[PDB]
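In this PDB entry you will find forodesine.
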Amino acid sequence: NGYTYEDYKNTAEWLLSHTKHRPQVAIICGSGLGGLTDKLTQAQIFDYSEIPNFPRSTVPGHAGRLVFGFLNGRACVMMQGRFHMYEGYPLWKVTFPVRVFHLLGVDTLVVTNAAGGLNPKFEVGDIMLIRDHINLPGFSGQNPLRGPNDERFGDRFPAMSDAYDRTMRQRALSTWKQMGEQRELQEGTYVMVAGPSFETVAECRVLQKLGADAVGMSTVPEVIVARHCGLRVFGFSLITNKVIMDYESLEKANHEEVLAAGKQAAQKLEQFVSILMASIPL
Amino acid sequence: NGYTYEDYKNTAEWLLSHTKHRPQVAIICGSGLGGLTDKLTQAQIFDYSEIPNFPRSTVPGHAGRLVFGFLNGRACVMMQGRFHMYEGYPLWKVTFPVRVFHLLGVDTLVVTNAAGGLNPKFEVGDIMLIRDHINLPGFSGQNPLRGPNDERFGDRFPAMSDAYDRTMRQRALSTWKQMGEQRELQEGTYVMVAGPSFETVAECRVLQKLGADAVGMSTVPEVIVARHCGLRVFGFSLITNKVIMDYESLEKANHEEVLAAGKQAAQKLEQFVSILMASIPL
Amino acid sequence: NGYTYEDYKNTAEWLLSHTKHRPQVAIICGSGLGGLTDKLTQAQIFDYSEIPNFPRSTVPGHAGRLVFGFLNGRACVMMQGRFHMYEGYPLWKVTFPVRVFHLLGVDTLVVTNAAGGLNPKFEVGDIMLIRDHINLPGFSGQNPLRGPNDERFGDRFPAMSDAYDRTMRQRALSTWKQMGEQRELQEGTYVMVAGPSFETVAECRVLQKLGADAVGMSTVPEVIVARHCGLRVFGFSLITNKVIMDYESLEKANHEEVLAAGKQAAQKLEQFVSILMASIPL
Ligand SMILES: O=c1[nH]cnc2c([C@@H]3N[C@H](CO)[C@@H](O)[C@H]3O)c[nH]c12
Ligand SMILES: O=c1[nH]cnc2c([C@@H]3N[C@H](CO)[C@@H](O)[C@H]3O)c[nH]c12
Ligand SMILES: O=c1[nH]cnc2c([C@@H]3N[C@H](CO)[C@@H](O)[C@H]3O)c[nH]c12
């Protein structure tokens, strides 16, 4: 880990003295869900590039910003554009923001991402609540906590079985009723794989048999660092595609389609998140 | 990744100006299958050590060469001796040749390797066509594409479900009939593990339950880089041994036996490959 | 690997000329099992920090020592405090001692660790003999042998299916009868995960379905290096907790509880080990 405790502190303090805003809820917008930034009011934007110690983006979409503001009654901070392991970032960089949020005073982290559906029942457009995750990179060593533990943040061996807030998932199921939507609010296990290439059929079968419902290339690292911090954690996946499970099918998962789905069910996710803010304690 | 786009270009151009040969098909010979180099005509040999930017071998068998020539009607380029992750090479070195081949004008990659049989039906000497693969190292982060994507080679999120050419696998099943062999041409899923040590019984059971048919310590990285490039891909495994699946058995998988099998079914593989060249488009 | 063959030699020779002791059996004490050091006689202690080339501890418990002596008729060497991958150590450091032991003249390695129980039959306090292991980090590349192989230690592709000594496991089952204990001596498969955070429910389910009986964050690397060396290997896990397998349960795995169990069944393990020494050849 290239960051000392001081680096996290210096970054937090810089931010605190450059905005009057004091966030409680941190929101990490996944792929094609950065729209949420438009719904904040009293919005103050910061480019990642101007924030000391922040991972400087390579050349994905060149858009990397921290937006502070209010979202339906909650003092928020949103990450529009997140860091991925597949881009070459070591996990201690990918999750660097999460620890900054904590020192800013945040106590809740909402994570969203786009993911392939592994559960045969899921459909494009569906929203899946995350009850649990399978951290494959973590089993092998790619765990954001690897390295000396800093007592100031958390314990050496933090538990994850209770990572996804029970209370918030229920209130999420509740709130969805108010939406009175056509489809139900899905719920299941999220499995992380490093990517950046998509799964083969054999690989999809594996992920299925392991009990995963959706597959993505992010999130788990941030969740683990959050929990290690004491942050409350809630999140969901936008099923942008149904991974191929048979060899007969003549279709391929492509970024084009993912973004497309990200465009359709776009504001559908944003609403849910904005409303759910009221369901978050203080 | 220590290689810039320029490095790949400089290597390709050096090769292009040092041989009149212009390959279409690149062939990566696995363990004990380097014999194929003898069947090329108008053969021109290059030691890896003389090629700019090529990974310089440590001390496996000290034989590392690029052989250009013609194989049964096709302008080829063969790798006699390939790079492995278990030797300490980062995947961007292991797969460095594949991207060079692409800039040389190659459009097809044939990969062969030796592997343990996981499917109880397979037998030593058997040849298994590869219909799909399970990339375990990739799930955790060891994917040759990790790092910034260069648009010039391919897309950020390339698909792999259609990695192994459907057309060529059928023509391979076809051609094998002409061989009129005793045993049938096997076909299945290849699972990659990093090695260099062999699987325990419990591990073999795992690989079996994941749906793999053969286990090896290579290939998948080259395949992914090829596909990312647009290369057509065909390949197979020589089942040099039946991995131990029970604790009662009193035998151990050893390099001696693998090489031995590599010696027996030696020319049997070479023929198939040489003939199959005619089955490859242009 | 940052160590040349010379480094291992220099460390062994330094040790040999700083103690008259000449160990035959090396014992690696897991978490809360370092008590075994008290049972050695003619004991000579060495802090890891004073041993050339030894990984210098960060700040776990600040206790890192090599204790030479005699344990019930056997010339031993014990590691009180072992190195873990989750602390940031590359596997070639974690396993550096094992190769030193070999050059000191050791021919047997006994490994103990604390682990969560995955098999529903196991109970806290139980002792599980290790018949086999599933090396998940190894499948992805985190194998202590990665890098050039040194013929002087072992072969390039060492087998592991026979890693856990058949003879010693039987004599262990035998000896346990003499204990005439309430509970039986358990036996099963150990799965290694990198940690340092604990498994989620979904992850526990995975490990279960893979056929593991106990999960830990160590051991496998040392075992592989031992075997590669020719060392006889015997070991066991102290089931300090039953991993959560359902979402209803309202309990969390914590270091507190692990240490607690380490304190209870403490001397129960020590005895077994001390007695078992007599069961070890010469
Ligand atoms: O089927 C899938 N497999 C793996 N990742 C994704 C994704 C997510 N979307 C992104 C690529 O569009 C990538 O960052 C990944 O996290 C969507 N569908 C899938
Ligand atoms: O049972 C097996 N498990 C894993 N790899 C191999 C191999 C391949 N052969 C090589 C070792 O002889 C090694 O490079 C690996 O890629 C043969 N049999 C097996
Ligand atoms: O349930 C478990 N999962 C993973 N590791 C452990 C351990 C072992 N104990 C240590 C943490 O107390 C850690 O080093 C790990 O190796 C006990 N219980 C479990």
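The alphabet sets the chain names here, A first, running in the order the sequence lines are given. Residue numbering for chain A follows the PDB entry, covering 3-284 in order. Residue numbering for chain B follows the PDB entry, covering 3-284 in order. Since chain C takes its numbers from the PDB entry, the residues it shows come out as 3-284. Computation of the quantities below employed the complete heavy-atom set of this structure, encompassing side-chain atoms and omitting hydrogens, waters and symmetry-equivalent molecules. For ligands, and for the atoms within them, numbers begin at 1 and follow the listed sequence.
For forodesine (ligand 1), the chief contact partner in this model is given in UniProt as Purine nucleoside phosphorylase. Chains with a heavy atom under 4.0 Å from forodesine (ligand 1): A, B.
Residue-to-ligand polar distances place A/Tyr88 within reach of forodesine (ligand 1): an N/O pair is separated by less than 3.5 Å. Looking at UniProt's phosphate binders in chain A, a heavy atom closer than 4.0 Å to forodesine (ligand 1) shows up in A/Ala116.
The shortest contact between atom 18 (N) of forodesine (ligand 1) and any protein heavy atom is with A/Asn243 OD1, 3.0 Å.
At least one heavy atom of A/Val245 sits closer than 4.0 Å to an atom of forodesine (ligand 1). At the shortest separation from atom 8 (C) of forodesine (ligand 1) among protein heavy atoms lies A/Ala116 O, 3.3 Å. Residue A/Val260 approaches forodesine (ligand 1) through these ligand atoms, each under 4.0 Å from one of its heavy atoms: 12 (O). In the vicinity of A/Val217, heavy-atom distances shorter than 4.0 Å reach the forodesine (ligand 1) atoms 1 (O), 2 (C), 3 (N), 4 (C), 5 (N), 6 (C), 19 (C). Scanning all protein heavy atoms for the shortest distance to atom 16 (O) of forodesine (ligand 1) gives A/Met219 N, 3.0 Å. Of all purine D-ribonucleoside-binding residues UniProt records in chain A, the ones placing a non-hydrogen atom under 4.0 Å from forodesine (ligand 1) are as follows: A/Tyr88, A/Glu201, A/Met219, A/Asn243, A/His257.
Residue, atom and distance of the protein heavy atom nearest to atom 3 (N) of forodesine (ligand 1) are A/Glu201 OE1, 3.0 Å. Protein heavy atom nearest atom 19 (C) of forodesine (ligand 1), with residue, atom name and distance: A/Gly118 N, 3.4 Å. Between A/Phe200 and forodesine (ligand 1), a contact under 3.5 Å exists for no N or O pair.
With a heavy-atom cut-off of 4.0 Å, A/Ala117 touches forodesine (ligand 1) through its backbone alone. Among protein heavy atoms, atom 12 (O) of forodesine (ligand 1) sits closest to A/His257 ND1, 2.8 Å. Binding site of forodesine (ligand 1), heavy atoms within 4.0 Å: A/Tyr88, A/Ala116, A/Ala117, A/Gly118, A/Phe200, A/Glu201, A/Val217, A/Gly218, A/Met219, A/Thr242, A/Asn243, A/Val245, A/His257, A/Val260, B/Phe159.
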Tabulation required: pairs of a nitrogen or oxygen in forodesine (ligand 1) and a protein nitrogen or oxygen under 3.5 Å; columns are atom names and distance to 0.1 Å; otherwise 'none'.
from	atom 1	to	atom 2	distance (Å)
forodesine (ligand 1)	1 (O)	A/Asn243	ND2	3.1
forodesine (ligand 1)	3 (N)	A/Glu201	OE1	3.0
forodesine (ligand 1)	3 (N)	A/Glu201	OE2	3.2
forodesine (ligand 1)	12 (O)	A/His257	ND1	2.8
forodesine (ligand 1)	14 (O)	A/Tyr88	OH	3.1
forodesine (ligand 1)	16 (O)	A/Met219	N	3.0
forodesine (ligand 1)	18 (N)	A/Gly118	N	3.3
forodesine (ligand 1)	18 (N)	A/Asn243	OD1	3.0

